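Consider the following structure, which contains tetracaine.
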2 protein chains.
Amino acid sequence: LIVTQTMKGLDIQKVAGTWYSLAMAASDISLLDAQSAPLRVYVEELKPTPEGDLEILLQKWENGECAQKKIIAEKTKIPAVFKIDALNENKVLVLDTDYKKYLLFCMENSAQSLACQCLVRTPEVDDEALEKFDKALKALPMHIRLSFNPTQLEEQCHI
Amino acid sequence: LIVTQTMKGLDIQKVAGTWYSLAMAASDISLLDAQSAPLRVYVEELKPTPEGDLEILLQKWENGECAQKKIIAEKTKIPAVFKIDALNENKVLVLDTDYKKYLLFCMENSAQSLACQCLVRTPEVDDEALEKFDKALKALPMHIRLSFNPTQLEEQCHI
Ligand SMILES: CCCCNc1ccc(C(=O)OCCN(C)C)cc1
Ligand SMILES: CCCCNc1ccc(C(=O)OCCN(C)C)cc1
């Protein structure tokens, strides 16, 4: 209920597969500043379950190393909106996707912390996907933005 | 010779005084990511010498603490262009300023490392100064952008 762009007509099954975290942004610098910042997460693959939950594979820098992680985001009554079981509840929103090239999502908590990423299908700089991302962000109050080049995208934890 | 926007008609004497580093961007993430990143520098005051050199007072996080620093940027034959005596030579460029509200500058080295800041006169979020900054940046290949809120701007090293 900060983010108010969601994608109409979302077919979750078609976001399945390989993704690249091409750009990220967050509402506070410390959500992304360091390599082990809480929301510095690199997406690897999306696996929707037949029941419509979303399994997420990614990487994080945690213990001085690049570690694998698996998250499950459970479906809500809103197709573009999912829920992650954390200590405090955390909504995931799909803002926009064309399935075959890019996907924009944000994660936020119910009571002013927010992070969004531009996911792309391949290790290339997609200018217009980043345009769509920047348009979606201009509303939101972001204070850090990160972008990765094709070299880093082919590296674990984008080193 | 990456940055090709400079300000025509620059009167260096009139940038004198109090500035706030409202936003920064850099060509590589590690130039700004951590609190002690090499180019995470917060500008405090500009002091042009009568001879047209530029003294710069600022703060940096260095030794686990917010430390004062003084730099002098020496004039060149180009009024919007200055030079800092480092190990390797480092050009400072004034892209644009209206003297009384904002100033945009970049620093770069002669052989693909680059950082730019939006300096403002007061601890307020100046939307159009940030617009001008974002327009100036769209050309350049930046990969990290940081923005500070009025609270942090009134704090040493923007904590
Ligand atoms: C279309 C859905 C893409 C969403 N991908 C996501 C990626 C990461 C997260 C997420 O919550 O990661 C941060 C928590 N880590 C540190 C345990 C949540 C969703
Ligand atoms: C209009 C001129 C404003 C320029 N202000 C500047 C601020 C900082 C620097 C600069 O070089 O700072 C980084 C080097 N530190 C870590 C020793 C260079 C110029």
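Below, chains carry the letters A, B, ... as their sequence lines are ordered, and counting in each starts from 1. Scope of the values below: all heavy atoms of this structure, side chains included, with no hydrogens, waters or symmetry mates. The way this entry was determined, per its header, is X-ray crystallography, 2.2 Å. Both counts, for ligands and for their atoms, begin at 1 and track the order of listing.
- Among all chains, the one with more heavy-atom contacts to tetracaine (ligand 1) than any other is, according to UniProt, Beta-lactoglobulin.
- With heavy atoms closer than 4.0 Å, the chains neighbouring tetracaine (ligand 1) read A.
- Within 4.0 Å of tetracaine (ligand 1) on heavy-atom distance sit the residues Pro38(A), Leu39(A), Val41(A), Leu54(A), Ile56(A), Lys60(A), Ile71(A), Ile84(A), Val92(A), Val94(A), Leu103(A), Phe105(A), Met107(A).
- Distance remark: protein heavy atom present below 4.0 angstrom from atom 8 (C) of tetracaine (ligand 1).
- In terms of protein heavy-atom proximity, atom 16 (C) of tetracaine (ligand 1) is closest to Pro38(A) O, 3.3 Å.
- In this structure, the protein non-hydrogen atom closest to atom 15 (N) of tetracaine (ligand 1) is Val41(A) CG1, 4.3 Å.
- The closest protein non-hydrogen atom to atom 18 (C) of tetracaine (ligand 1) is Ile84(A) CD1, 3.3 Å.
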